[PDB]
2 protein chains.
Amino acid sequence: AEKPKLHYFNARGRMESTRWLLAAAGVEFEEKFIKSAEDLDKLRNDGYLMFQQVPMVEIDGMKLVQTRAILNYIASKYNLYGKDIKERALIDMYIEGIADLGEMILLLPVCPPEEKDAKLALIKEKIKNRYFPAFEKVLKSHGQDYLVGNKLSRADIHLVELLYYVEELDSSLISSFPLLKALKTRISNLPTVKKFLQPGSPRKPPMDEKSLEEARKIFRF
Amino acid sequence: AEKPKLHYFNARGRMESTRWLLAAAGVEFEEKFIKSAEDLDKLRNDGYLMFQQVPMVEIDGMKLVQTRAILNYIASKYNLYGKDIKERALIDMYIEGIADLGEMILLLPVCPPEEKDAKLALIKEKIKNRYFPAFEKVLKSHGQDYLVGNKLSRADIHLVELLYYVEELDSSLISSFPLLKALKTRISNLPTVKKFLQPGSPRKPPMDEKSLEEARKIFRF
Ligand SMILES: C=C(CC)C(=O)c1ccc(OCC(=O)O)c(Cl)c1Cl
Ligand SMILES: C=C(CC)C(=O)c1ccc(OCC(=O)O)c(Cl)c1Cl
């Protein structure tokens, strides 16, 4: 087809950021949910997954796997990856920091109960003292509406997406970072993003106990 | 200066792949080793590390952090990132799989003693059954000397680098993969790579107990 088919579990997981990028880009996509391990095996046996895993994203005739390979293609294809090689360097540096913090928040649900309070406290300390300050500082420096090159880029989409997850964790964290708050509002008002934020869009809900059990069953983790 | 300064601990760690890429590219670089936590704090306080961590790589007037942002810039700057957007998608998909397997091998030293035999057995099973087969299959498909676009790219450098580490883990693993063995030899004979492989080059040795203690001291992990 002409629409990108995203293959994954019906959840946030590792496919969510791809969803935010496609939507922010204004691209319509289909989602082929993996309901059972039989489904995942069918794909593996069909030879659609190079490294046996998902996310997988049928786009432009390719069966792309590995989150970063997917995001990189999409971001490039829709002019969300900066203008030159030097801009892409700043974007990559910002979004890999975002991806680091985000990987911590993502694994929190499957964190050992005895650790959960410490991991959560570690994460709040990195947000307050390391990442938010860094990004606030970038916005404060050029005083422009966007993080890189005074134009919308994947850096803004990925950052704002993280700002929502952090809000769900503790709304007070962003309070001392006015420029980040501003960016959150600003990007949230873009017609494409605003539509993704509304009810009924393919945006996914935070994971709970019920869905986590179904997932670690199929994927086994 | 005109030469890239790599700031890191005197070890393989997270900076090694940058070393293999620069060298394979034929670029000369300086290394400013971090001998003590005082050194690492000096950098942090000087404001050279955006997210407070290293590797950090002064290149082209930028102070790049985050391994992938660094590798991406270098690979682009020296024409090792494919010709078009679709080639970069295959490269990214291959090298992120390589980076996954590689992250497992990298953490093996700091793995809990009770686990070490299982992690090591897990890793040998993924190599034999998932990654090597996948890459052997790519080479077998186009029957060309390189992984992507019949030209040398970062995919070849990063793969071969991993082939060495796997050799150090168990030389028998690659035996059933003749095309990978071939690629290992072929890339190892490129004048630039061959020079990096020789004694005295900035290539780093596998980590031992002595150096691991010094490192987790400074970096604290
Ligand atoms: C919340 C999570 C629990 C660790 C999580 O991030 C996660 C990891 C892998 C998953 O699928 C497999 C995949 O390949 O992503 C899924 Cl569905 C989730 Cl939700
Ligand atoms: C062997 C290792 C032990 C876990 C390892 O990969 C590692 C991790 C971080 C390290 O520095 C800090 C950094 O930011 O990379 C270093 Cl020097 C090493 Cl060797």
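Proteins come first, then strands; the chains are lettered A, B, ... in the order of their sequence lines, and each starts at number 1. According to its header, this structure was worked out by X-ray crystallography, 2.7 Å. Indexing begins at 1, ligand by ligand and atom by atom, following the structure's order. What you see below is based on every heavy atom in this structure, not just the backbone, and it leaves out hydrogens, waters and symmetry mates.
Picking from triclosan, hydroxyflutamide, homatropine, ethacrynic acid, the molecule at ligand 2 is ethacrynic acid. Of all chains here, the one making more contacts with ethacrynic acid (ligand 2) than any other appears in the PDB entry as glutathione transferase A1-1. Within the structure, the other chains placing a heavy atom under 4.0 Å from ethacrynic acid (ligand 2) are, by letter, B.
The contact residues of ethacrynic acid (ligand 2), taking heavy atoms under 4.0 Å, are given as B:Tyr8, B:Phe9, B:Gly13, B:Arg14, B:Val54, B:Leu106, B:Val110, B:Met207, B:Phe219, B:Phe221. Between ethacrynic acid (ligand 2) and the UniProt glutathione-binding residues of chain B, heavy-atom distances under 4.0 Å are seen for B:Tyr8, B:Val54.
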